[PDB]
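Bortezomib complexed to ATP-dependent Clp protease proteolytic subunit 1, as determined in this entry.
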Amino acid sequence: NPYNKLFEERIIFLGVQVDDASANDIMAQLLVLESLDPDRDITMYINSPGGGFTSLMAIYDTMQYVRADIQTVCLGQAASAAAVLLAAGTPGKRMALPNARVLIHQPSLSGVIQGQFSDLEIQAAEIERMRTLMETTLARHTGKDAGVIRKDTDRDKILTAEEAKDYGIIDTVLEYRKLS
Amino acid sequence: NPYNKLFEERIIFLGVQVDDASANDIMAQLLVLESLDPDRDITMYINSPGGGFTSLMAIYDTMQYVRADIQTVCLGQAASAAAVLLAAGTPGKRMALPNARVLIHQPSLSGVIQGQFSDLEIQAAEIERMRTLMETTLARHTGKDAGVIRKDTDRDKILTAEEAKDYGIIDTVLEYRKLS
Amino acid sequence: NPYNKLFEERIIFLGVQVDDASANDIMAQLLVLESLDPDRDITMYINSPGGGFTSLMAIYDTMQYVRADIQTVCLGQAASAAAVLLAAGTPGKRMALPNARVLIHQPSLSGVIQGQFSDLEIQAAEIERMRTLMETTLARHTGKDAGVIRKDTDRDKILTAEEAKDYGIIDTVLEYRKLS
Amino acid sequence: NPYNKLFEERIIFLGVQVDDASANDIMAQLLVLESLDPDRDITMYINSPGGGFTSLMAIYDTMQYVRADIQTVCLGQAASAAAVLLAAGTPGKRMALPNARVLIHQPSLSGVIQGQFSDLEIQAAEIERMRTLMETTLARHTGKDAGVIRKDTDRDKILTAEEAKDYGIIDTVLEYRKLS
Amino acid sequence: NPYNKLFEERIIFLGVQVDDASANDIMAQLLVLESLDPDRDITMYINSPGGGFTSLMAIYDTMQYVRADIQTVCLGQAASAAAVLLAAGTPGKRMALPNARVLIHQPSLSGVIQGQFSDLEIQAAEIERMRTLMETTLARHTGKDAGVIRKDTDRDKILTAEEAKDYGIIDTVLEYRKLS
Amino acid sequence: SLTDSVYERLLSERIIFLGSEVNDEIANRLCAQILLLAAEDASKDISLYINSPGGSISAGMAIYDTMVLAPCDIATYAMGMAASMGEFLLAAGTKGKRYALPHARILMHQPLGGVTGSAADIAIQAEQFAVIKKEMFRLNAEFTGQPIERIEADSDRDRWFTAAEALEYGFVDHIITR
Amino acid sequence: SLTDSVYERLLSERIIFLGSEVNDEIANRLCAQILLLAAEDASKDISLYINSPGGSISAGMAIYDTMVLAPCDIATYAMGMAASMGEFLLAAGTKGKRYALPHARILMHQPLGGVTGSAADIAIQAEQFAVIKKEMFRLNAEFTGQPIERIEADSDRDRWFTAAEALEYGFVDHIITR
Amino acid sequence: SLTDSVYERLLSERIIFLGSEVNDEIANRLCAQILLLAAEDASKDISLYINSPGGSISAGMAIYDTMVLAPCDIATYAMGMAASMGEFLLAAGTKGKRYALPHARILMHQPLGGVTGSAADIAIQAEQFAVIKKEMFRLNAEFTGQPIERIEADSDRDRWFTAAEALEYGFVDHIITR
Amino acid sequence: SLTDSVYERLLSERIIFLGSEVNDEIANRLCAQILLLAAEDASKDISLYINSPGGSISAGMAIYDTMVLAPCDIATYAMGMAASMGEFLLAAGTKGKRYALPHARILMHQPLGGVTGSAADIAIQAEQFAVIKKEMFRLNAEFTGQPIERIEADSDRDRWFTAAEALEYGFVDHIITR
Ligand SMILES: CC(C)C[C@H](NC(=O)[C@H](Cc1ccccc1)NC(=O)c1cnccn1)B(O)O
Ligand SMILES: CC(C)C[C@H](NC(=O)[C@H](Cc1ccccc1)NC(=O)c1cnccn1)B(O)O
Ligand SMILES: CC(C)C[C@H](NC(=O)[C@H](Cc1ccccc1)NC(=O)c1cnccn1)B(O)O
Ligand SMILES: CC(C)C[C@H](NC(=O)[C@H](Cc1ccccc1)NC(=O)c1cnccn1)B(O)O
Ligand SMILES: CC(C)C[C@H](NC(=O)[C@H](Cc1ccccc1)NC(=O)c1cnccn1)B(O)O
Ligand SMILES: CC(C)C[C@H](NC(=O)[C@H](Cc1ccccc1)NC(=O)c1cnccn1)B(O)O
Ligand SMILES: CC(C)C[C@H](NC(=O)[C@H](Cc1ccccc1)NC(=O)c1cnccn1)B(O)O
Ligand SMILES: CC(C)C[C@H](NC(=O)[C@H](Cc1ccccc1)NC(=O)c1cnccn1)B(O)O
Ligand SMILES: CC(C)C[C@H](NC(=O)[C@H](Cc1ccccc1)NC(=O)c1cnccn1)B(O)O
């Protein structure tokens, strides 16, 4: 299994939709590699369309909680929660390969949450809190103001690898190191 | 498998919806780790939207029954049954990482339970008993009155990690221990 | 696998819906542990909503047939067939953790059994025989009269762990043995 | 497993639809074989109808990022994203067996992306950027102008192995080396 | 596993519908057995209704590319793509057991390919190219003219094993070698 | 519709049709047609032609009570199929006016149903299935002029009748041979 | 349609039909028919023939209030099936004018429903289920002339009645024996 | 249809029916019926009988604005069920002419809805849910003659009313006891 | 049907209804109603009451062009809901004759759609979405008397209006307070 061989080389794939099953897989892999060696860098290759905000912040907190530095490299896409997890890497260690796209947007409810307006007021204050928490999370990791994140993530803002470097989501557009 | 490696380090994931299959997985893992060493702390990382009340109280009783202390750390979300299981940890050992949300709410029936009104009177006295038992369970673990839990869980009360610490659901907002 | 580790410590989960696949798993586990040692107690942790009456009486007879004593502990719920299997444990060895609920009710046909009225008369004499056999089974294990079981299981009678102890379904509300 | 035996001989199949699950399998296999030996050629046998553009550029960047040369051989079809990954091989090392077809076409959205026209303007500027990035990627690998790629991929341009060699997608129509 | 035991005796089953998953299984098995020994014959037992033309030509090219001779024996049916792969064996080494049927027919699109008439003109020029390529492939392997293949595969031409020998699809109706 | 118009014109000729599975919808339609024709003339007979695979007992008991309490005679006509409840309503006609067309088929069988819910619900359903079975058999005994023990033994499964067999059994009184 | 035409012609004869499951659609149809017939003549009786498996309480309470507040008497007719709400509306007829056809069946049982939503929603539903059950039992007590304790004990599950059993229980006042 | 004919004949008697879930289809039907009856005679009252489980706010606000801006009084009649929007339109009747039939049930609760889309879309939906909730509560305050704080506390979940409880709360003005 | 009859009688009173989602079916129905009423009398106003959640732009542009090129004035009436295209057609009325009932709600937002097919197809769809958005905003600018920059900023997501807010914004010209 090439997944297990890269895991022994401290390489993790965020390669699927960020849901609770994916989040538990990342958090188990992050906490094992913290317990294996807290000094060596964990590499988090991210090819993901994003997903749930809770599973986002489950991975986000675990990336920030573990003693090991998290090298986030984007490959193909980091959209939504995955763009935030891409920005959630250790500063100086956030990469994207040159043709990876980075989609940042405000949080959204999938489908329709029914309920009384008092329940919907709480669901809306929560998705506004999820919006504010995402923008605050993207503020401290991109170096931009949270109001700048709010205007930019008002709709879909797809960045290239170069544009995500200028935005502060990654730190280095990862050059191709092919020998030929 | 990073799940098995963390289990050998006495770390359990409540990472899925709390149903009977998930509850049996937690209770087997809690009772093995009690039989391995009853003195070392069991760590219960909780990333869960909650679920059934019976599977809640199956995990709840097993967390309280085992001789080992249960370190509940919330990662991402501890909602519904999972918020109660988060509060069900050993006092002083209930954590949440800073961007984990804690949703407390009264119990609910998923879908519609049909039946005669005598059957529905019993199903309603049961969901009221499930409501009272949840509030009494959250009373002894958060330090608040059960009537305070009843007013607060009347609708969805989403807490942050700091707000769940002030509420008494966790004991410590778990600081990021990253070396850099 | 924590299921296999507890099975080596003679611990069985009735953790799913009691159907024929679940019953065959319990009966195989009961008859192996009888053949391993017929003198040591088998512990049957029960977290189940119940199920079919035949798979109930398949587990019931096997619990009573094996030479080993069956320690039934209820965790979360023992509803329907699972409440009878909870009461089916060895006397003095039937437990429930304090927030486990015990639902006793009369048998029921899931869905509609179509057929001629002569076929339906037999299906009704059978579900009445299943009703009488359940009440007679709950009579000898709870110490109550079968007519008392009939009035109590006429609709859903959810008991707490204390109420199932007074009813005779368990023998001891199993105290939490946590060291702290 | 013949997949694992060829992987030990540094042979990778792009044999399914290029989605994120397929892309993560290719990228794990490319980065293990880079870590095994960065000097030996990786052979990428491509039998694929293509797929998503992000998973395309995830594989594309990883093929270009790894230190090992990527020998892309087309077998049967290299369509859409798979034609670009076929052209993404190391120059001089891009093959197609003689009856493999190579389908190049502009990117497309599967199904209908609903939304407000401001959201659709961004989705259209993105699929135009995906169109321009594909044509620029096919420009540097086929040696043709990106405007020539735009006129040729305006609709489906199915090439044979010989026609993909003249187009620049492969470098050699791979002759049959059967001894008889 | 009898599949693995025959694979060690250099025996491959084309036993399912020829799609890309089946084609990748055949091509991996053909290229491993080429790398194991390029001089010993690969036996390809074919029981298949055919399938996709790309996965046909993926297997076809791989059968012709590998250094080992491919002994195609038809068992039951070699229909459509599978009849072409049956004819694709090494000359003198193409068999069919006596009650295997061989169905040759022109290519077809499964279901309806929608689109503009300019897109449909390309899809029709492609299925005509797939028709011409199949007939040219069946021309060089059966020894008949491609116009003879076109008249014969205009509709379903089911051959017996004897009729496929006279047609040139196989070379020998494989006699039963039972000792009794 | 034309099919509603042709049924309307034979409703004017006091000819009504049990022409489908007797559910509550067409039973209330037939009961209203019997009430309307008894309100027009209480003396002229209503012809009920029955091409029916059977159906609900209480829907057929609604038709049966409307047939009896109508002051005019209900001539019943087995036309092709009189099965189950349509058999019942065929034999429920006025004595001497129960007719079978010669190639109509008559199916008499014990009632069909379903048990569901809890065991106490099913025990009540069983008691009521025994009451429905006894009343369906007693009325078929009253219609055919045969004992309820013969009705119970013969209806235990599907018992089919030709027009001649339904004549000798007692479902009909004549076979129309125009 | 013909079936709408035959119901229209008996609407002219002040004969209306509770002939299906009483939902809101046919209750408002029946309420409008009672209002229309009370507007035509406030003195002549409305015949409500009931072939009904029951249904919604508030739809039946809509019919029941329209039956009482009509100045003309509502003669109710158990025709085949008067179950649940159709039992209620049968027994809701004018006293002395509640009729059962002899093979109609009367089913009296406590109301059916569903609980859903949060525990505070279900507790409100339970309080309202206790109010609906008490008002359904008090009115069935008022209809049948029997105590509410007997109505509560008998409606606890499905209690079936023949026309004779519904006569002695008090759902109907006579059995039509024309 | 007969059911359209009976509603048409009571439309001639200025009796209209909110007899289903108030969606846009029957609201525009009721609004057109109020406009048609106000065009016939601007002085005679329109009787709106309400057997409704509630429904859309804007569909009910369409009916409510058509009720008020009609120059003739809209007598509202709780018939069985006046829930949610049907409660609103019941209490939206002309003061002194809001009637509850004695076993009608009145359900007052805060509006139901759904949130969907992005967080900026949901924040706009929430602001509009707060505007709809405030206007539904202010108008229920204006109808019942009770404070908006009492309307907000009572509508927080489902609050059920009998005809007597809806009389003292202020949804209706009388209980019809003919 | 009755609902078609009541709409027909208000069609005689030159009152038409945008009472559903404006798709092509009811737009051609409304366009034919505007053409028919302009053929009857070219001087008397057509009242278009709008209870609409919006819908297709070209279906609404069909109605809008039929409203303008009718020689008679189209009085528009926000009745409950004028959202999206129904907002547009409300504001598309004759100036001075655009009316909002006091509790109608007006939703103005940029058009909804979908992108599909190849990138060259979507680029054409995007160019046409920019043309539809500009023409929807320019006409809403012409209707409300406000700049297209304010229309573009306000329609970027859902912007809801009361009748008073739609009065000051310019969708309607009066609020009916009979
Ligand atoms: C923008 C970033 C933070 C995340 C994006 N979406 C969200 O915020 C997600 C979208 C989603 C995913 C799966 C299931 C349901 C909803 N939102 C949430 O998880 C969510 C959960 N509860 C309340 C409100 N929002 B991403 O998935 O497009
Ligand atoms: C509030 C806490 C205690 C738990 C929350 N919900 C419940 O209480 C759950 C929700 C649920 C989950 C799965 C299947 C059916 C119902 N309620 C129950 O399990 C339940 C079971 N029986 C009767 C009444 N309620 B959580 O899942 O949102
Ligand atoms: C009351 C106890 C003894 C058992 C309860 N239910 C039953 O009795 C079960 C419910 C059930 C479960 C699965 C499939 C079909 C029916 N009844 C039966 O198994 C059953 C089987 N054959 C005839 C009559 N009843 B429990 O599952 O709620
Ligand atoms: C032409 C090459 C670059 C790729 C071709 N198609 C695309 O570009 C694919 C087709 C596709 C595949 C899977 C799921 C959804 C869409 N386009 C995309 O992936 C895509 C994704 N986001 C926005 C716009 N396009 B191929 O798959 O036909
Ligand atoms: C005649 C021989 C060459 C192959 C026969 N059929 C084809 O040619 C197949 C039938 C097929 C199979 C799977 C999915 C779609 C279509 N044709 C193709 O694969 C195909 C693919 N793209 C364009 C045109 N034809 B066989 O499968 O009946
Ligand atoms: C008339 C009798 C003797 C024979 C058959 N009739 C029945 O028994 C019918 C068949 C049927 C029709 C509609 C819905 C459900 C069931 N059974 C009933 O109506 C029925 C069943 N159980 C209790 C009460 N009534 B016939 O329909 O084949
Ligand atoms: C009349 C009573 C006593 C018996 C039965 N009626 C009910 O209880 C009916 C059955 C029904 C019909 C339609 C939709 C939902 C439920 N129940 C209700 O209408 C109902 C249930 N819970 C609260 C309020 N109303 B009957 O329909 O079997
Ligand atoms: C009248 C109020 C207070 C109570 C309920 N009404 C609503 O809230 C209705 C229920 C409904 C009906 C049809 C479609 C969607 C939703 N809600 C709405 O119409 C609604 C919801 N959110 C925003 C605007 N309108 B009633 O229907 O139970
Ligand atoms: C009127 C505008 C500003 C707002 C909304 N209307 C639209 O944009 C409508 C919504 C709709 C209705 C039916 C079928 C498809 C789409 N969009 C279109 O008709 C449309 C979308 N893209 C291109 C051309 N027309 B309204 O319906 O919410």
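A, B, ... follow the sequence lines: proteins, then strands. Residue 1 opens every chain. Partial entry; contacts are within-part only. Indexing begins at 1, ligand by ligand and atom by atom, following the structure's order. Scope of the values below: all heavy atoms of this structure, side chains included, with no hydrogens, waters or symmetry mates. Structure determined by electron microscopy, 2.4 Å.
Lab note - other chains with heavy atoms under 4.0 Å from bortezomib (ligand 9): D, I. Residues in other chains coming within 4.0 Å of bortezomib (ligand 9) by heavy atoms are D/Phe117, I/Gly54, I/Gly55, I/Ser56, I/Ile57, I/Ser84, I/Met85, I/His109, I/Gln110, I/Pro111, I/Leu112, I/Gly113, I/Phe129, I/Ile132, I/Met136. Summary of contacts: the protein heavy atom closest to atom 24 (C) of bortezomib (ligand 9) is I/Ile132 CD1, 3.4 Å. Taking only nitrogen or oxygen atoms, main chain and side chain alike, I/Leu112 reaches within less than 3.5 Å of bortezomib (ligand 9). The shortest N or O to N or O distance between I/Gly55 and bortezomib (ligand 9) is below 3.5 Å. Among all protein heavy atoms, the one lying closest to atom 5 (C) of bortezomib (ligand 9) is I/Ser84 OG, 2.5 Å. Set against the non-hydrogen atoms of I/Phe129, the atoms of bortezomib (ligand 9) under 4.0 Å away are 22 (N), 23 (C).
Under the 4.0 angstrom criterion, atom 14 (C) of bortezomib (ligand 9) counts as lacking any protein heavy-atom contact.
Distances from atom 1 (C) of bortezomib (ligand 9) to the protein include at least one heavy-atom value under 4.0 Å. Looking only at protein heavy atoms, the nearest one to atom 18 (C) of bortezomib (ligand 9) is I/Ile57 CD1, 2.8 Å. Entry name for chain D - ATP-dependent Clp protease proteolytic subunit 2.
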